[PDB]
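Reminder, nothing fancy here: chain letters follow the sequence lines and each chain counts from 1. Just so it is clear, the values below take in all heavy atoms, side chains as well, and ignore hydrogens, waters and symmetry mates. Method reported for this entry: electron microscopy, 2.8 Å. Ligands are counted one by one from 1 in listed order, and the atoms in each one are counted from 1 as well.
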Amino acid sequence: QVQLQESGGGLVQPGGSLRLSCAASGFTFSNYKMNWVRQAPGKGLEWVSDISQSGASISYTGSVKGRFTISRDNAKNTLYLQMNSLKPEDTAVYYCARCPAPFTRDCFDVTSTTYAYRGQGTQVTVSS
Amino acid sequence: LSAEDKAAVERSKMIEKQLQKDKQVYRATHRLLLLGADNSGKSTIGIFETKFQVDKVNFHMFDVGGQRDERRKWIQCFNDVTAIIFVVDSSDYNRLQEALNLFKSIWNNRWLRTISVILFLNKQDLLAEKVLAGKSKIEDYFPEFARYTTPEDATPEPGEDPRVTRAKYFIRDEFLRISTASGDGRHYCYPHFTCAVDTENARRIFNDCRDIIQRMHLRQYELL
Amino acid sequence: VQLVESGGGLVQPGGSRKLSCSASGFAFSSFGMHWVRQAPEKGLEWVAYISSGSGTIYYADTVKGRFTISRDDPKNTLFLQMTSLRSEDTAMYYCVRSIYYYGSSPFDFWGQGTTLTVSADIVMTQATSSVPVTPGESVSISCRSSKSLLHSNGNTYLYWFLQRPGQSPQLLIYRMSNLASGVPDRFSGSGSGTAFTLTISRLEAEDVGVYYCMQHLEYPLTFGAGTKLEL
Amino acid sequence: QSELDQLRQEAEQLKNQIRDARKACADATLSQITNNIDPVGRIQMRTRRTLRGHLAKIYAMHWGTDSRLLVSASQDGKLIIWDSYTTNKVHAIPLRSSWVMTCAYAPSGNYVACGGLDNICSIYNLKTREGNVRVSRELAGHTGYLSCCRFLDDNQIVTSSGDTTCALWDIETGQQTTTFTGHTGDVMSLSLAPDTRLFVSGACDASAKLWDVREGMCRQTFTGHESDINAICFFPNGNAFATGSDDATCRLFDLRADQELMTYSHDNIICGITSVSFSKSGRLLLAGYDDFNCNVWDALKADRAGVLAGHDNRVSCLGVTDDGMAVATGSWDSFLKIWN
Amino acid sequence: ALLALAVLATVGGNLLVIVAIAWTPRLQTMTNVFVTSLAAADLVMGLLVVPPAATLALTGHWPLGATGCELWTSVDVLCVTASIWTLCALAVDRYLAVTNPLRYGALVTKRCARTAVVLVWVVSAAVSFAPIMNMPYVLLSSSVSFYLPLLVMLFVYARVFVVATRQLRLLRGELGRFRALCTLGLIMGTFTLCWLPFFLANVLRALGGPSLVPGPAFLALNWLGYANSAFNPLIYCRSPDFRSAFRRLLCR
Amino acid sequence: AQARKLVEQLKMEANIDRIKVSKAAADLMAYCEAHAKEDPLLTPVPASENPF
Ligand SMILES: CC(C)NC[C@H](O)COc1cccc2[nH]c3ccccc3c12
């Protein structure tokens, strides 16, 4: 059973640091591209970052470019998202998302409203 | 073979003749898949099927809009279309990254890897107005816009700001970078700047499909 | 479905007459059409056949060359051009529809017919050409054939027809075992090669008439002499 | 977090309880249960027939109950009924919508069904007085594309849609008598049981549910795949089924054991399964992959017993006759092949 | 000895090509219609043309009767003309597919392909058997059978070459922001290097008299075209699709 | 009540009775062995009896 349990979210003052972890179970981690998505309140789902099966290819949105860094560790079957210099625009619940198919470079329908291979969420709220 | 078996065989032969007539009708028709966002404005350009006619060539455009937001399965049915028409909203910078991600997924899709994409940056007038105003800045959603200068090949339209040229060509070069990052020449991206009042989009689709199939014939004849 | 025949009438022995068969209620272009005649004192006799799309035409040896057949699918009309008639041609000509595919029911519909009066074959024999029966009692009627109709493909091409007095005949059994549409289960078809029988259970009204057996193995179509079920 | 915490926790425990129950019931794996039987050897199946009338890729096919007539749907928007024995085209049915992703052959043989991106199941009468195949009932009410449709009887049909729902219809009234809900993603396939009192459906949530047709409820839910399930097929016994997913693995789930019994995959197979089927005895599990080749799996030993190579594009559909004489395989190269 | 190898290469290759096209429903793509016409022409070259010539060369005695040679020469002229006109047809098909792809989708149909093949073979038979029904005839026959189709193919392939090179340079520019020569030269070089010396010496003999070009040289040139007929399957069927069909055919 | 249906479905699935996997595998074995003779794919029929 595909289970994506992710945690690490809490109340942090602006400009702080936060590490988000996503423990993945029920599938072979090393053959799936992994994604980070968020849903700021009052808005819809949006993509944040992705990392290839091995980790050579990594991309991020312009908003989170240079401050968010995503790393995967296939040994423990987990996904990381180290966040630095948090801003009040970054308050959102963060989901950990997986490509629908293995050995592929096209995460389709990851940011959909009801995606099966997506975690519950961590409420990451940054305010002063 | 009995008399009835012979008659059944004949009937099958007439069915095959009708199938050949349908083959003649069907091969000459070029199929185009219309994708875009809710605000993309692709309606102007359930299933909303369109059939237009340019220079005696039959085009059949399909705008699937009766499904859910999950399109990883029903999009494989269009593995054999002539081209995929991708419509984006150039003015909305917030959803520009979503459009880029959709374009990347379509480009790198195992089955849509052989399909060329006609790119229609739709709301050029809105983009120009937004750039001229101080409503928002591209660099917020795309910090690389700082270190980017208008391409040498960029042809501005008369009476247009250089900053509008910078914005529109950066938006077009994001898609172009995604498209030429892979694919090794099996399929190509065709970028176009569009307006809501534009009437030459049919001619653009005609020319770009002509180029697509010309390159397909060259590749199948081993002429590159 | 409705088939309309016209053109029958008083014709001299030396002359010509064109027979028309108008189609209404079915895809006339996808059906193979037949012409089957019947003299006042004689059973049915197959005269000609034009296939769907006019791709194949067959004629009876008695009128081979003498007659011509054709169809007009756009107009949904069937034509039989007859030249140099004979005194033996006095008969009611029936326009019959038949579509051929796996599991189809050929000879399903027969036109009302037009009456025309003139001033290497499989023989089918129907024993007991005139018998009296009583309603409410089962009956058995058997027609046998010179050559076995089974084609080694489980296809004993025998067909049963019911000509009630005053109307065209209708198909009851096709392939010797399959009941046609609109035909009640009381009818039963069975038999083997070169010997077939028709079984009726609980005889009732609308069954009085003449029961014909017809072979469709090969095209020299031949019909039995008639059984004449009577009360 | 009120509901978001309480319901999430109760579920999390319930899932742990199910997992513990499956672990307790897992007395011994089927593989060892059958580690002593003779190898089924190699089943070399040669292309006996090749039906070539379709104009584009073939999405689906279905066999008649008589194991001789078959229907097939294609991208050209046409439905063709074949006589497999003689290659004859019994019928060619033009379709209003050319994106039909499924077709169904009524068990009585009177009707045929078709549906796709138009979100409508269309029923075509074959035995009509007019002599031409005419559409009789257009079943509307689904809000997504129709992945699959299967005839319960001459008046009832079960369809699965990409709106995360399966429905039981009534062709007479044209309305849904039952709607089956619970799937998270699109339902890509459905398989009717031999007794037809219940059916299973594979969705894009990597799970397959067993629905009781009468009560309209999900009796059981099976997990174990990690990618969208594309193919589903009920075991001939009716107490098990097999699923084909994009993980490139096939799994056999037992209704009574409520868990996967065996995974049919190899390390070098990296292509998802588009269709699966069983034989009459349920010993061979034929699976059509994206690698253009169909594999024949020993359903009891997990070792590949043969390859149905010969198709020059994706094997979209694959079905076995009710009498088990042949296997018809449709692919995206516009050709149907019959193998014996 | 090498002539036997050429004969068996011709017959095997062209029979295999014909068999593959006929039995593979996926290869019947309208242009294989011309390919199978050319393969038939080359097969009859290897069967009823080259064996008598090889036997005559390796053994002075003419294997065919005195009357048989007068219809064996008209099988030579028929088959060579048909092969060259089919090569021209294939060039024209490539031109229409590359320069007008959208319209070519239905510009040349099955009716047009089977009319063009029939017209090619009818013209070949007419040119071949016209003598049955000299210097002017040799000139006119060589112009109709070789020089006119050669000029047509040169114009056609020049246009295809400029189109292909423009598209290649455009593509390289497109991909570089962030071979037609080999293929066309192969196609034209085989056909030219094989049938141009013979049809040039033909005009030379016709104009300056038979004494100018010696027989053995004439035989050698005609025996170079036969090599062309052998080599035709190699160059018009080197596609992954054709190779798949050949592999599937010859494995089993 | 968004997850109330999910928790109710999980409870309903938990309510069922699960038999031993060894027994299920043995039953599948029994069916496959009993019906092996009538499987044309398993043991190919003679070419005379093959309709194709
Ligand atoms: C004469 C026999 C021994 N050999 C002929 C060549 O194989 C092919 O020659 C031709 C092909 C096509 C047109 C042609 N016109 C000619 C006129 C004179 C001689 C040969 C040819 C000829």
- Message: I keep forgetting: which drug shows up at ligand 1?
- Response: (S)-carazolol
- Query: Which macromolecule makes the most contacts with (S)-carazolol here, by its name in UniProt?
  - Reply: Beta-3 adrenergic receptor
- Task: Give, by letter, every other chain that has a heavy atom closer than 4.0 Å to (S)-carazolol.
- Result: E
- Query: Which residues lie closer than 4.0 Å to (S)-carazolol by heavy-atom distance?
  - Reply: E:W72, E:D76, E:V77, E:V80, E:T81, E:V138, E:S141, E:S145, E:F198, E:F199, E:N202, E:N222, E:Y226
- Those atoms of (S)-carazolol less than 4.0 Å from some heavy atom in E:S141: 13 (C), 14 (C), 15 (N), 16 (C)
- Message: Does any N or O of (S)-carazolol fall below 3.5 Å from an N or O anywhere on E:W72, backbone included?
- Response: no
- Close N or O approach (E:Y137, (S)-carazolol; < 3.5 Å): no
- Message: Which of the numbered atoms in (S)-carazolol are under 4.0 angstrom from any heavy atom belonging to E:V80?
- Response: 8 (C), 11 (C)
- Item | Ligand-side contact atoms ((S)-carazolol) for residue partner E:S145, heavy atom cut-off under 4.0 Å | 12 (C), 13 (C)
- Query: Taking the UniProt transmembrane segments of chain E in order from the N terminus, which ones have a heavy atom under 4.0 Å from (S)-carazolol?
  - Reply: 3, 5, 6, 7
- Query: E:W195 to (S)-carazolol: N or O pair under 3.5 Å?
  - Reply: no
